[PDB]
Colleague: 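I'd like to ask you about the structure that follows.
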Amino acid sequence: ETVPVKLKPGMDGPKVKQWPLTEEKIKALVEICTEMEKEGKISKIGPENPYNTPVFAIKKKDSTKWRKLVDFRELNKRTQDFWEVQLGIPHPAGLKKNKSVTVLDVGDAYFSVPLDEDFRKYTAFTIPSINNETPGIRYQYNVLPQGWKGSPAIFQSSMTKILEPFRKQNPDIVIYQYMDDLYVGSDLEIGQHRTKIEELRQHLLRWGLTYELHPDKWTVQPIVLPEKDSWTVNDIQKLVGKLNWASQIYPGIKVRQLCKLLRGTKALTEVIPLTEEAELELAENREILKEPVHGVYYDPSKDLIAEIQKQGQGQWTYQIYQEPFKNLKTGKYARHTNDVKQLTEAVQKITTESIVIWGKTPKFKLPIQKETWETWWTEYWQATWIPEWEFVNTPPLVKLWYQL
Amino acid sequence: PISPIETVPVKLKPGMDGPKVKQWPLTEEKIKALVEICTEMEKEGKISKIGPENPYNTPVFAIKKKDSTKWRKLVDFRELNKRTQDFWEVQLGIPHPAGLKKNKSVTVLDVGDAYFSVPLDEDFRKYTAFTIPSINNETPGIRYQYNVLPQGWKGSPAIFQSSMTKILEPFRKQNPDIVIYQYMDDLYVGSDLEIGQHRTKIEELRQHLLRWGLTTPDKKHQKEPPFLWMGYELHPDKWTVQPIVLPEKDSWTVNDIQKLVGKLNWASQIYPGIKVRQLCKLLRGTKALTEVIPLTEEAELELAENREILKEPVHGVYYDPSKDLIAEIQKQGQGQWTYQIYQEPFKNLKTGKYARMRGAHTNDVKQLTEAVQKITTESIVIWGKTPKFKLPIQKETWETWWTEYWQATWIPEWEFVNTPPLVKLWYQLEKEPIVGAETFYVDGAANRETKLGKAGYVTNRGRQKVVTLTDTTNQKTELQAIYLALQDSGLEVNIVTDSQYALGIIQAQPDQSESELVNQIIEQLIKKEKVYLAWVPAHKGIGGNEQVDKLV
Ligand SMILES: Cc1cc(/C=C/C#N)cc(C)c1Nc1ccnc(Nc2ccc(C#N)cc2)n1
């Protein structure tokens, strides 16, 4: 059976041109796809289909096996009514409190439901050839594709059916679905946890389905205030700007008693003492930053934004927000390697945390030249979704107001 | 013939239905010509006469071809087209010669009546019905509809190219070593076999082709390589750009300089070290295509350089897939980069240039990196593989630029090559403040209405200075004030500023800028021996922030 699927009123299908791929990925893609086609998952299509989304290959993780991956960002955006506000998958506010969360791939399940025939033409993609020497191979999807936010939505019915008993039998276990992934969490000891996962996969395995998060051990990266033996004017100027900025966030942040000591035109290198009022105002903020931003709350109707600074020496800070400065979450991430590799990993990390916490993928402000990112990110990418990103130079000040 | 291939279903855009355009009356002889033509076509299948229950119409004219007095039938699909569905873009992206593999023998074959050789989708023919008007239009015209793909219709290039691919599929599969390229109604056939074996597989391509409705030029006439194509000249072993003659004029119009700048740009694909900065400088400004532009010394110089670079022929080789690509880049001028790509030095597959500036300010290191990215992408397209780079930069210089720089970056496997100029950083800012160096709390400001500005500074050594600028902005004053501090200070200076705008610029360690101010601040910074730049929150009430804020 097939659920009747439709775009949003107005918008037409996606027409995204294929990114250039390497001989490696193309070869890979041609196999994958001739096997998917002599299995009826995808069919070759004519010029009468004007639509495209981009495809590419990865090998998942430490795995020597290529996997097709389709960029459905545009289509998802252009169907978005359907996969959110008609049927839609509710997000457990407890998943983020669990001792352990396991993520496992249930994408393949989709491969067995047929797709609405009057929607298939929107899932067209092209396998490009090198130097454009021949016409790319064009395909549509017949079954539910991975990457498309219709697929979990269409399968909601069949999925809870499949998990019904396991849920009955372990009522204290959380299972949340997002795209092609199942999130399974519990508070059991790690060993009893893993056992409950194999029990789960046995259930899945009857329908077709052959890593570990520890969300507690998630805590904030406070804006850290340098602790010091002496202080130079410079050191304090540094300090005052940094408290100065925090005020644009954390209510209660005081500054006056400190910039007290920056009086007149002193030499930057000039060691100047530290009065009791300042020594006190200093400590005061120290605990405010320790704490969650008073006043900020997640709005479910608003895009999440995440921003990343490069710290150097393999450090990366990042913040998550909906309106700037009002931070829902901040953090770091650290350390074969490569400036771009790290970021691409950091993106995936932050995205993962972001899904667990809000059931939502952030839109990333990436501190890198657009063209560099595009050339390389598909090389370190091991996730099955793709967030939205835009590129931006990091104002120099911000970088350090967040440094550790 | 009308190829026996299956047809492509086509529909009008979701709202509408076929056009209904009235036929303009035509002179008595244009009417005669159309009837002759359509009788011809009709007997071939291309068109079919229809009963006027069919609502649809599209205009049709006949222009008197050339001085060679025959007539040609034009149709106006403006309206059917507007109302027809969008198709998969035919081929977008075009093969570069430098990407072609070498081939022993090559043949061109041209399809005849390509468009009229492919069938149209039944359900859609109805909408392609036109009308031949009666003399002085007094009675009903004759009405035909298309059976094959009309020239000038929206979907013709798409369906045709698709059909030709569907038909070639068999041959290509049963012959994966012979190469075909389809460009429109052209087929070129590439083989690494001898003049006999090749005419052999050619002649049975033709046979396979005629089995499907497509006729081809006999093995007797008339094309042998070299071939001209999309601007290139392909030989079986090498390629080049097709002959480009640069004019010898005493007077150069804007239009003459455009065509030159574009012939040179074309040339630069295979002619190493073409430069055009000086010829493009002319074009800056707003002038008419016919206005004459007198050449500068530097531009006349350039024309000179280019003119000799072209005086002897040059060709690119083809790509041997089993060897690494090597990419060398050289600095050729300010913001100007040239590169060559080869597999055996120095027989180039291709050369290129790069002169894009990103932002108002950069330094060589940023620019060289952006050319590596350019070249890399280009590589992926043309060869599906990144090259190994040789760059006029030391590993230390680039290791230093990146680690300290705040944008993520990464270039593929590369190695130093000593080809001057070499890229360096021309100054580096201190990391910690400098003991024993005068501290300038500087500060620029502008009144947004007057656009009148006062820039200045105070030091920890009592010094002061405030000067006045006319029609600048807050931005300029803040850069002036830092420039100030640099010209009055000595070789070790600490500069404190409340301008994040200014800090950002300078902290980026530029070495070229569109701004003259900035280009000076730069001059200064290279002269200094140590400089530390600090930021402070303006108006917050800081040491020398408020102090020299009094002076502004
Ligand atoms: C893209 C392309 C343009 C022309 C354009 C033809 C024209 N005009 C002719 C052919 C046959 C092809 N296709 C391919 C594919 C792979 N290797 C080659 N090598 C190759 C092609 C032509 C010559 C020649 N002369 C030498 C080597 N050609």
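Every chain is numbered from 1, with letters handed out A, B, ... down the list of sequences. The way this entry was determined, per its header, is X-ray crystallography, 2.8 Å. Just so it is clear, the values below take in all heavy atoms, side chains as well, and ignore hydrogens, waters and symmetry mates. As the structure lists them, so they are numbered: ligands from 1, and atoms in each ligand from 1.
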Colleague: Help me out, what's the drug found at ligand 1?
Modeller: rilpivirine
Colleague: Which chain contacts rilpivirine the most here, in the terms used by the PDB entry?
Modeller: p66 Reverse transcriptase
Colleague: I'm curious which other chains are hanging around rilpivirine with a heavy atom under 4.0 Å away - can you tell me?
Modeller: A, B
Colleague: Report the molecule name of chain A from the entry.
Modeller: p51 Reverse transcriptase
Colleague: Provide the residues lining rilpivirine within 4.0 Å, heavy atoms only.
Modeller: A:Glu133, B:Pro95, B:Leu100, B:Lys101, B:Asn103, B:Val106, B:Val179, B:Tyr181, B:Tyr188, B:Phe227, B:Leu228, B:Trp229, B:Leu234, B:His235, B:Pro236, B:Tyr318
